[PDB]
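A look at one PDB structure holding acarbose.
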Amino acid sequence: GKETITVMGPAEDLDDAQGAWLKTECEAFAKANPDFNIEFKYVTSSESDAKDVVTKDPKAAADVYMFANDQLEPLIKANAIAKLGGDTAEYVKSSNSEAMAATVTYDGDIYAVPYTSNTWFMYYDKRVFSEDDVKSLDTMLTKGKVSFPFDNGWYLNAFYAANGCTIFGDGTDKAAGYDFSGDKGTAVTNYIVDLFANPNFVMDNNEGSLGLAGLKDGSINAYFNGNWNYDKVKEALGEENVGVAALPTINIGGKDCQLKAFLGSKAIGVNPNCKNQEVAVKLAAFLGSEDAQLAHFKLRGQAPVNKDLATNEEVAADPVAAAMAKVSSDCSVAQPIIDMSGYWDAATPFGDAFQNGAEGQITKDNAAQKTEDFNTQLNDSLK
Ligand SMILES: C[C@H]1O[C@H](O[C@H]2[C@H](O)[C@@H](O)[C@@H](O[C@H]3[C@H](O)[C@@H](O)[C@@H](O)O[C@@H]3CO)O[C@@H]2CO)[C@H](O)[C@@H](O)[C@@H]1N[C@H]1C=C(CO)[C@@H](O)[C@H](O)[C@H]1O
């Protein structure tokens, strides 16, 4: 009489054509734990959507699930994610950097097992740009076609952070609120208005299918996205043409400013409603184990977060793992775990309003107004 454990992860981890990592590792877990009498059912969902799927009704949701760490506070407030202790918590602390362990730590307790770092970087066509070119977005625009997903808040902030705008201070001070106000914010809005008015700029869509299609077309030669699309980018450009870089500078009023991505993690969480917590917690530990992370790298090129795999020669040589590490050290801010719901929501219509012909289009003439409107909406969402 097998007990069913329901596990949720993205399509790519359930796709046989990509080695179905999640199924493969669940089966390995079962083989390693003969004392458990279990079978698996799988629910396909992007880590980006996990909060929405689970918090709607945690008791109806999967027992074990893969999510993005910025979702942690909403999951906790929904009683949708179990605190982890014991060997599992110890592994999260011992096998990760301090910042990666912090991605899943709330009020001093560990709530999930990281399996990869979570950030974004630049894919580009080596036929169009040199290594030197891609150090500057402005240089890039003179040589070829550049895209950016401006209606996706996870990407938008990099431009505002570049000029000293802040979210919760350093990211950990709720009392600091949002600060996108003033000339520092308007200067960034003006830069983005100019970008949209640049005929070598093409807005990417929210989840980046437009950019991917553009790379294949040649209509887009630079794509800001992540590790999950590595194989598709290789398909679009041809692997000898794929360049991978950390983030460029943008020139605001004569000053080179560094774009800064969010850096968080993707992790495995346990549903408190799972009827076998022993199995669920051990499975989460297994899915984030060293062996499992190495398999994620070999089966579909996903970069490990486990610091012991950093010295694996194949990992260290991987262009995406290397870019992600450079974004971590040089081009990022730590992903807040203070809930950013109001920002994720406001970011999308704000980004969309830059488009030529948009309702309430952001322009040079109204940039300051629109910037304050945005700052005001962000802070209102905290009241
Ligand atoms: C807006 C959204 O931003 C963040 O989501 C990003 C993920 O963290 C990234 O990992 C990446 O997701 C990819 C998966 O890693 C990958 O395995 C595959 O499934 O494709 C995903 C991309 O399609 O990119 C995501 C951004 O595109 C953040 O983690 C996430 O929580 C944010 N979602 C909020 C935003 C809205 C609408 O504004 C709400 O509906 C959500 O409930 C919020 O959580």
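By the PDB entry numbering, chain A shows 40-422, in order. Both ligands and their constituent atoms are indexed starting at 1 by order of listing. Only heavy atoms go into these numbers, but all of them, side chains included; no hydrogens, no water, no symmetry mates.
- Per the PDB entry, the macromolecule in most contact with acarbose is Carbohydrate ABC transporter substrate-binding protein, CUT1 family (TC 3.A.1.1.-).
- Residues of other chains with a heavy atom under 4.0 Å from acarbose: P49, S85, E86, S87, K90, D91, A107, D109, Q110, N157, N191, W193, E246, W267, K305, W383, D384.
- Given atom 1 (C) of acarbose, the protein heavy atom at minimum distance is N191 OD1, 3.9 Å.
- Atoms of acarbose found under 4.0 Å from any heavy atom of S87 (numbered from 1 in listed order, with element): 5 (O), 12 (O), 25 (C), 30 (C), 31 (O), 33 (N).
- In terms of protein heavy-atom proximity, atom 3 (O) of acarbose is closest to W193 CB, 3.4 Å.
- Per-residue contacts place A107 under 4.0 angstrom from the following atoms of acarbose (heavy atoms of the residue considered): 8 (O), 29 (O).
- Those atoms of acarbose that come under 4.0 Å of a heavy atom in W383, given as number and element, are 34 (C), 35 (C), 38 (O).
- On a distance-only criterion, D91 and acarbose share at least one N/O pair closer than 3.5 Å.
- Numbered from 1 in the order shown, with element, the atoms of acarbose that lie under 4.0 Å from a heavy atom of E86 read 14 (C), 15 (O), 16 (C), 17 (O), 19 (O).
- The atoms of acarbose that sit less than 4.0 Å from any heavy atom of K90 are 41 (C), 42 (O), 43 (C), 44 (O).
- For atom 28 (C) of acarbose, a protein non-hydrogen atom is found at a distance below 4.0 Å.
- Acarbose has a nitrogen or oxygen under 3.5 angstrom from a nitrogen or oxygen of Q110.
- Within acarbose, the atoms closer than 4.0 Å to a non-hydrogen atom of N157 are 7 (C), 8 (O), 9 (C), 10 (O), numbered from 1 in the order shown.
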